[PDB]
Student: 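Below is a structure I'd like to ask you about.
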Amino acid sequence: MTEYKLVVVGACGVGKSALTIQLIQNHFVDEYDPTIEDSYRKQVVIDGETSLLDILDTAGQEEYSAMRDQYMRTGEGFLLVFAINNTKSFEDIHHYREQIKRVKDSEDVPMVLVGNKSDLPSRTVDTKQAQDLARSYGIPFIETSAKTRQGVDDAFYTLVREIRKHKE
Ligand SMILES: *CCC(=O)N1CC2(CC(n3nc(-c4ccc5c(cnn5C)c4)c(-c4c(Cl)c(C)cc5[nH]ncc45)c3C)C2)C1
Ligand SMILES: Nc1nc2c(ncn2[C@@H]2O[C@H](COP(=O)(O)OP(=O)(O)O)[C@@H](O)[C@H]2O)c(=O)[nH]1
Ligand SMILES: [Mg+2]
Ligand SMILES: [Mg+2]
């Protein structure tokens, strides 16, 4: 059984922990401690093929670390998470993709743009804007809500589809 290292990235408060805990434990966490960075395991079946996922939920300081370059380099696929009600989190997506590409020698890294908090009626990032950003990067765009669980499996499963294609 093939095992992949997934890394969830994005600005503080976008719902990285809430998305991950929904996928793993099937419940929505409000106010999860933003200093906790931890890895989770999950066996999934996608398109009739089993994969073991090792998901790293990034947290801690928004600072550079050679140690953090080392574990990001081991990542096979990345979720680029922003919140549809926070324009700054969306503008940050460019920096996250640039950062991942740097640590991985400019490889065409499997990534999926995730537009979280889709359950909120306080949108500031247009769907067209996020689709056009994913289009120029050549990656899928998935709209999620960690609160309602809408698109949670879609986001991680689509990243696994991208990793499978890249690995071919
Ligand atoms: C509220 C807590 C939380 O959820 N956080 C998510 C983060 C921001 C994440 N993050 N920041 C960087 C980063 C920050 C500054 C910086 C670099 C490089 N140079 N500078 C000044 C990177 C990273 C980061 C990434 Cl994405 C990668 C691929 C490699 C790397 N090496 N060192 C840092 C990083 C991340 C994940 C953490 C706070
Ligand atoms: N309404 C709504 N709230 C979310 C969603 N995802 C996360 N949140 C909330 O946003 C805040 C930050 O979430 P968290 O998972 O800690 O973000 P992280 O800092 O990126 O790990 C918390 O109050 C969460 O309950 C979502 O899809 N919808
Ligand atoms: Mg967190
Ligand atoms: Mg420090």
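Residue numbering in chain A adheres to the PDB entry, whereby the residues present occupy positions 1-168 in order. Read the numbers this way: they start at 1 and go in the same order the structure lists the ligands and their atoms. Values reported hereafter were calculated over all heavy atoms of this structure, with side chains retained and with hydrogens, waters and symmetry mates removed.
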Student: Provide the name in UniProt for the chain that contacts ligand 1 most.
Tutor: GTPase KRas, N-terminally processed
Student: Look at ligand 1 and name the drug there.
Tutor: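 At ligand 1, it's JDQ443 (bound form).
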Student: With respect to atom 19 (N) of JDQ443 (bound form), which of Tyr96, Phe78, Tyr64 exhibits the smallest heavy-atom separation?
Tutor: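 Considering heavy atoms of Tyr96, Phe78, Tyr64, the nearest to atom 19 (N) of JDQ443 (bound form) sits in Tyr64.
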Student: So is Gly75 touching JDQ443 (bound form) or not, going by heavy atoms under 4.0 Å?
Tutor: no
Student: Does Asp69 reach JDQ443 (bound form) with a nitrogen or oxygen that is under 3.5 Å from one of the ligand's nitrogen or oxygen atoms?
Tutor: yes
Student: Tell me, which protein residue and heavy-atom name are nearest atom 38 (C) of JDQ443 (bound form), and how many Å apart are they?
Tutor: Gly60 O, 3.4 Å
Student: What does the entry say about the source organism of chain A?
Tutor: Homo sapiens
Student: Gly10 heavy atoms, cut-off 4.0 Å: which JDQ443 (bound form) atoms fall inside?
Tutor: 6 (C)
Student: Indicate yes or no: does an N/O atom of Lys16 lie under 3.5 Å from an N/O atom of JDQ443 (bound form)?
Tutor: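 N/O-N/O distance below 3.5 Å exists for this pair.
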Student: Which of the atoms in JDQ443 (bound form), numbered in the order shown and given with their element, are less than 4.0 Å from a heavy-atom of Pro34?
Tutor: 2 (C)
Student: Less than 3.5 Å between some nitrogen or oxygen of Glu62 and one of JDQ443 (bound form), yes or no?
Tutor: no
Student: How far is atom 32 (N) of JDQ443 (bound form) from the closest protein heavy atom, and which atom is that?
Tutor: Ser65 N, 3.1 Å
Student: With heavy atoms of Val103 as the reference, note each atom of JDQ443 (bound form) found under 4.0 Å away.
Tutor: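 Contacts of JDQ443 (bound form) toward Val103, numbered from 1: 29 (C).
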Student: Please give the covalent link of JDQ443 (bound form), as residue and atom, or none.
Tutor: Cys12 SG
Student: Is the contact between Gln99 and JDQ443 (bound form) made by the side chain, the backbone, both, or neither, using heavy atoms and a 4.0 Å cut-off?
Tutor: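 Answer for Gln99: both.
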Student: What residues line the site of JDQ443 (bound form) at a non-hydrogen cut-off of 4.0 Å?
Tutor: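 The binding site of JDQ443 (bound form) (heavy atoms) is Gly10, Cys12, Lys16, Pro34, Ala59, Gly60, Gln61, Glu62, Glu63, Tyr64, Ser65, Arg68, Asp69, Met72, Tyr96, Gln99, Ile100, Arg102, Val103.
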Student: Tabulate distances under 3.5 Å between N/O atoms of JDQ443 (bound form) and N/O atoms of the protein, writing both atom names on each line.
Tutor:
residue	atom	partner	partner atom	Å
JDQ443 (bound form)	4 (O)	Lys16	NZ	3.0
JDQ443 (bound form)	31 (N)	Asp69	OD1	2.5
JDQ443 (bound form)	32 (N)	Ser65	N	3.1
JDQ443 (bound form)	32 (N)	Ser65	O	3.4

